[PDB]
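Position 1 is the first residue of the sequence, and the numbers go up from there. Just so it is clear, the values below take in all heavy atoms, side chains as well, and ignore hydrogens, waters and symmetry mates. One-based numbering, in listed order, for ligands and for the atoms of each.
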Amino acid sequence: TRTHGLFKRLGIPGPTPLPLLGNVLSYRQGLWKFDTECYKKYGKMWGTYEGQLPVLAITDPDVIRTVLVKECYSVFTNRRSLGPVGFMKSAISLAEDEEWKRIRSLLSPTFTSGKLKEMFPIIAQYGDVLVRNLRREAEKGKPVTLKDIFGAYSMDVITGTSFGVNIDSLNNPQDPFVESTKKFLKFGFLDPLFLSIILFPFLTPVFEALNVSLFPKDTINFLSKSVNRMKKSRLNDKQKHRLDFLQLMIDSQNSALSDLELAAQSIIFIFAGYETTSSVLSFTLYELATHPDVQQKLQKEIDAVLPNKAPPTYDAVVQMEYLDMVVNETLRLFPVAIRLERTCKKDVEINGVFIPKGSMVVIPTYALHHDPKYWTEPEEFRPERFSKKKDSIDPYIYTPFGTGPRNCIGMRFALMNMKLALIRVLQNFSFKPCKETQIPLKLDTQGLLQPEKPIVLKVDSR
Ligand SMILES: CC(C)c1nc(CN(C)C(=O)N[C@H](C(=O)N[C@@H](Cc2ccccc2)C[C@H](O)[C@H](Cc2ccccc2)NC(=O)OCc2cncs2)C(C)C)cs1
Ligand code: HEM
């Protein structure tokens, strides 16, 4: 109740906060739904409270440009001050201020145009295994749980291109990396440990001293230990040397990246490479199965650019007009990060009102992606909205990978291996909804964008 008068003090609209909880009780419907309702109810700018933390939501593209680009280094340098996390504070998505600039600069050469071109044969090989394993479920005639097999593909791709190691997750029913990584998705806003940090932020140093973390400790330890084995095997074996993500961090120690810092960056990449890639792929295939005209029209383009099921090329992947439209439209309906989050490093006036230091500024990506002002009938899947040329698309309304220095470091990587998977499977298969298919697709109410029930489809040849 201490800060619960800040937004009325500035003449900013917003829902009335509950004394101890603020507006967190309104997250029960889903953080995406709360931002949508607030966007329609209030204007271009509304204020909420996560416990004591004041949260300013902005939708003016001119204002969004200021916080994400112009004043990114000036003020909005840090994303969000998370609770008790332990050594994971050095992870790039959690780092702050100059430490983040150092980590980001060191990791930036990971995804250049040349490095994307070199890892293409690695990704293409996993795609062959993907088509081979998906054929077995098709010839049997059983429904396919998309998040399983496409999750194994994503886990294989990220580990193979970042650490040069083939863990064979596509052919491992009990793959340890997937079992570990999917534990990051279980935590939600109404979890007792996390909810206590929201309501009582002063508990974060307490749990830190007690060595309690918001992250699953079994998962953190397995990945840290498993990554440390791949690093030691990289130094003893000079023949297995590739200029990749893991190597780039090993070269940092010649100057300087800690073993914990190296483990922190690896955990982010493994989680991002597995979860986001497989989630969006499962939405794309859901939208294709529920829109057969779009799927067959997408297959028509593939068979033309790659005649006779020809293996794709790097350039042929980035040439495809309709494929880029299908992926961009999936990311419009299902932006996996509901919002873009920035924290005021100092006191700043944003849109005229003065915002105190420590407050959070939020760009409601999901709400702006579903705005009827920018998208006619926003709940419908129409790849025709987009073209491969994005000259007309506002960079601050359509933000599936964020914008500015803090944008997604792996956007080009994520778009490549998703398109490669789609090309490979669509030139060999067609996806149909079945009895277990949930239509319409209901979104989950906790954390990242996830289906309420796992997406299952039937897969046939051709
Ligand atoms: C930490 C994890 C176990 C928890 N998940 C939850 C579920 N919830 C409500 C959230 O995650 N809610 C919020 C959130 O999504 N924050 C995030 C917003 C975001 C989204 C996309 C890209 C970049 C940043 C920002 C956070 O720093 C998380 C922390 C993290 C790290 C490793 C593994 C899992 C999670 N970062 C990521 O998920 O980065 C991975 C990604 C990179 N590119 C796309 S996803 C925060 C309150 C954490 C509670 S605790
Ligand atoms: C469909 C796939 C993906 C989507 C939609 C996505 C989306 C996003 C978004 C919205 C952000 C925040 C942008 C901002 O705050 O301005 C982000 C940040 C980030 N992404 Fe992704 N992501 C994807 C895949 C990946 C992959 C595969 C990797 C790495 C292999 C990755 C690495 C990162 C990192 C490290 C950050 C934080 C960068 C920083 O804080 O400086 N992402 N991503």
Drug name at ligand 1?
ritonavir
At the binding site of ritonavir, which chain contributes the most contacts (name from UniProt)?
Cytochrome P450 3A5
What does the entry give as the covalent anchor residue and atom for ritonavir?
none
Mind pulling out the residues near ritonavir? I'm using a 4.0 Å cut-off on non-hydrogen atoms.
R79, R80, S93, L94, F184, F187, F189, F194, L214, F215, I268, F271, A272, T276, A337, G447, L448
